[PDB]
Q: 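Okay, here's the structure I mentioned, the one with zopolrestat.
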Amino acid sequence: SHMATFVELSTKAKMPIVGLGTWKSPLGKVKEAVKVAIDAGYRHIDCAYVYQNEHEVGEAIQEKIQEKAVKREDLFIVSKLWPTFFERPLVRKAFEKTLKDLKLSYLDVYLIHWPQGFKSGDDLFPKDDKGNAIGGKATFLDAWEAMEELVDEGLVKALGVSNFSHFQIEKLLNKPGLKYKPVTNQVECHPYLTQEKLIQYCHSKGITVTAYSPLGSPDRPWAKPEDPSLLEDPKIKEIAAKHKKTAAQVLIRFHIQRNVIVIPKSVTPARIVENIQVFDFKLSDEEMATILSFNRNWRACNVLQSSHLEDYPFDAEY
Ligand SMILES: NC(=O)c1ccc[n+]([C@@H]2O[C@H](COP(=O)([O-])OP(=O)(O)OC[C@H]3O[C@@H](n4cnc5c(N)ncnc54)[C@H](OP(=O)(O)O)[C@@H]3O)[C@@H](O)[C@H]2O)c1
Ligand SMILES: O=C(O)Cc1nn(Cc2nc3cc(C(F)(F)F)ccc3s2)c(=O)c2ccccc12
Ligand code: NA
């Protein structure tokens with residue numbers, strides 16, 4: 001039995017510092033993955049409408065609660081609002097489908113998945129005659145206002161953002177009539193993209209950071225052979241070998257020691273367990289400084305041609 005350390009949010013709620021990622025977790029395999037995770041002691045599950053497996057995640061959670069392996073109050077479930085649903089009636093609807101699929105009566109955190117709004121419709125990635133993203137009318141500011149109502153009604157404990165630059169967070173924080181603040185900013189983070197300035201900014205505002213693709217997302221479709229590879233990095237493995245841990249475990253522990261929440265994905269039971277056995281060792285300061293020095297500003301998660309739309313986040317330095 002394992003328990004991830006808690007990171008305290010500005011709402012005083014306690015967010016487990018390690019969680020289970022579920023993107024690319026196939027139907028069939030994801031339900032068992034969630035169950036294994038829960039038995040191992042995971043309490044934080046990272047989900048999303050756009051991952052299209054929330055119902056199987058729902059099945060697993062429901063079955064675990066019923067068989068009394070875990071209570072709802074101790075689970076920490078996060079999901080996200082996809083950019084094609086920023087318009088107010090759509091925000092409520094998408095949230096309702098997410099909540100239904102997950103068989104929950106409330107979410108612990110509901111995130112804006114990406115800052116840029118997309119054209120509404122029966123289409124997740126609307127594009128033009130080329131492959132250019134088509135933007136929508138409603139902005140993340142519009143969306144947030146609708147999301148704030150979910151909090152007012154007790155349907156969501158807290159709100160957050162994902163893939164936001166500090167400029168975009170500045171925009172949200174200075175928004176007139178702001179009712180709720182983001183408790184986290186979920187962004188790609190790993191030794192090739194250390195996010196030093198964005199983490200500094202977020203923490204200075206009482207906003208935690210959730211590190212996604214911490215293993216370099218080797219199963220991302222668009223991966224290309226020349227693309228860097230964290231898990232195969234010999235310097236990483238070298239440090240791993242020293243602590244009698246795997247490369248993955250070092251890549252997870254890295255975030256823990258920056259007080260950054262981290263959500264590695266796996267559907268392999270052995271790996272799921274391995275990924276949470278990271279509270280029995282420490283990386284030295286020298287090791288941390290070394291790992292930080294690997295920064296290459298390389299984004300594994302940057303495949304969509306969307307730099308023309310107004311709220312594209314990665315043009316900003318941070
Ligand atoms: N925009 C966003 O908000 C956003 C974007 C990307 C990701 N995320 C979230 O963050 C999660 C993690 O990111 P990601 O899924 O891109 O990638 P990731 O966690 O960096 O890497 C997942 C890959 O690593 C493998 N793996 C897992 N544990 C391992 C271990 N101990 N040793 C070796 N290989 C291991 C997995 O294999 P198996 O499954 O075959 O074991 C899988 O192929 C996502 O699932 C999602 O929840 C959010
Ligand atoms: O979404 C995940 O969790 C993983 C994720 N990432 N990406 C890369 C993306 N790049 C974006 C850029 C914008 C932008 F805001 F920049 F316009 C908006 C939306 C996206 S999706 C995908 O293309 C994708 C496809 C299916 C399922 C998940 C994903
Ligand atoms: Na990492």
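Residue numbers start at 1 and run along the sequence shown. We count ligands from 1, going down the list as the structure has it; atoms in each ligand are counted the same way. Technique stated in the header: X-ray crystallography, 2.2 Å.
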Q: Provide the full list of ligands or chains for zopolrestat.
A: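 It's found at ligand 2.
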Q: By the name used in the PDB entry, which chain has the largest number of heavy-atom pairs within 4.5 Å of zopolrestat?
A: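 The chief chain, as the PDB entry names it, is Aldo-keto reductase family 1 member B10.
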Q: Can you help me find the covalent attachment of zopolrestat? I need the residue and the atom.
A: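 Covalent partner: none.
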Q: List the other ligands and ions under 4.0 Å from zopolrestat.
A: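 Found ligand 1 (NADP nicotinamide-adenine-dinucleotide phosphate).
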Q: Yes or no: does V303 have any heavy atom under 4.0 Å from an atom of zopolrestat?
A: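 Within the 4.0 Å threshold, so yes.
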Q: Taking N or O atoms only and a 3.5 Å limit, does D311 qualify as a polar contact for zopolrestat?
A: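 No, there is no polar N/O contact under 3.5 Å.
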Q: What protein heavy atom sits nearest atom 29 (C) of zopolrestat, and how far off is it?
A: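 In this structure, atom 29 (C) of zopolrestat has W23 CZ2, 3.5 Å as its nearest protein heavy atom.
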Q: Could you tell which UniProt active-site residue in chain A is nearest to zopolrestat and give the heavy-atom distance to 1 Å?
A: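 Of the UniProt active-site residues, the closest to zopolrestat by heavy atoms is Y51, 3 Å.
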Q: Tell me which UniProt substrate-binding residues in chain A have a heavy atom less than 4.0 Å from zopolrestat.
A: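 Going by heavy atoms, UniProt's substrate residues within reach: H113.
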Q: Just to check, does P313 reach to within less than 4.0 Å of zopolrestat when the distance is taken from its heavy atoms?
A: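 It does, in that a heavy atom of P313 comes within the 4.0 Å cut-off of zopolrestat.
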Q: Return yes or no for this condition: an N or O of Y51 is under 3.5 Å from an N or O of zopolrestat.
A: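 It does: an N or O of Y51 is found under 3.5 Å from an N or O of zopolrestat.
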Q: Which residue owns the protein heavy atom closest to atom 13 (C) of zopolrestat, what's the atom, and how far is it?
A: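 Checking every protein heavy atom, the shortest distance to atom 13 (C) of zopolrestat gives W114 CE3, 3.4 Å.
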Q: Could you find the nearest protein heavy atom to atom 7 (N) of zopolrestat and give me its residue, atom name and distance?
A: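 The closest heavy atom on the protein side is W222 CH2, 3.5 Å.
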Q: Looking at zopolrestat, does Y212 have a heavy atom less than 4.0 Å from it?
A: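 So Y212 does not count as touching zopolrestat.
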Q: Just want to see if zopolrestat lands near the annotated pocket: which residues UniProt lists as binding NADP(+) in chain A have a heavy atom under 4.0 Å from it?
A: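 From UniProt's list, the heavy-atom cut-off leaves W23.
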Q: May I ask you to identify the nearest protein heavy atom to atom 14 (C) of zopolrestat, giving residue, atom name and distance to one decimal place in Å?
A: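 It is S306 OG, 3.6 Å.
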Q: From the options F164, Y49, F125, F314, select the one whose nearest heavy atom is closest to atom 24 (C) of zopolrestat.
A: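 Minimum heavy-atom distance to atom 24 (C) of zopolrestat goes to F125.
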Q: Report the binding site of zopolrestat using a heavy-atom cut-off of 4.0 Å.
A: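 Heavy atoms under 4.0 Å: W23, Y51, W82, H113, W114, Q116, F118, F125, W222, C301, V303, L304, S306, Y312, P313.
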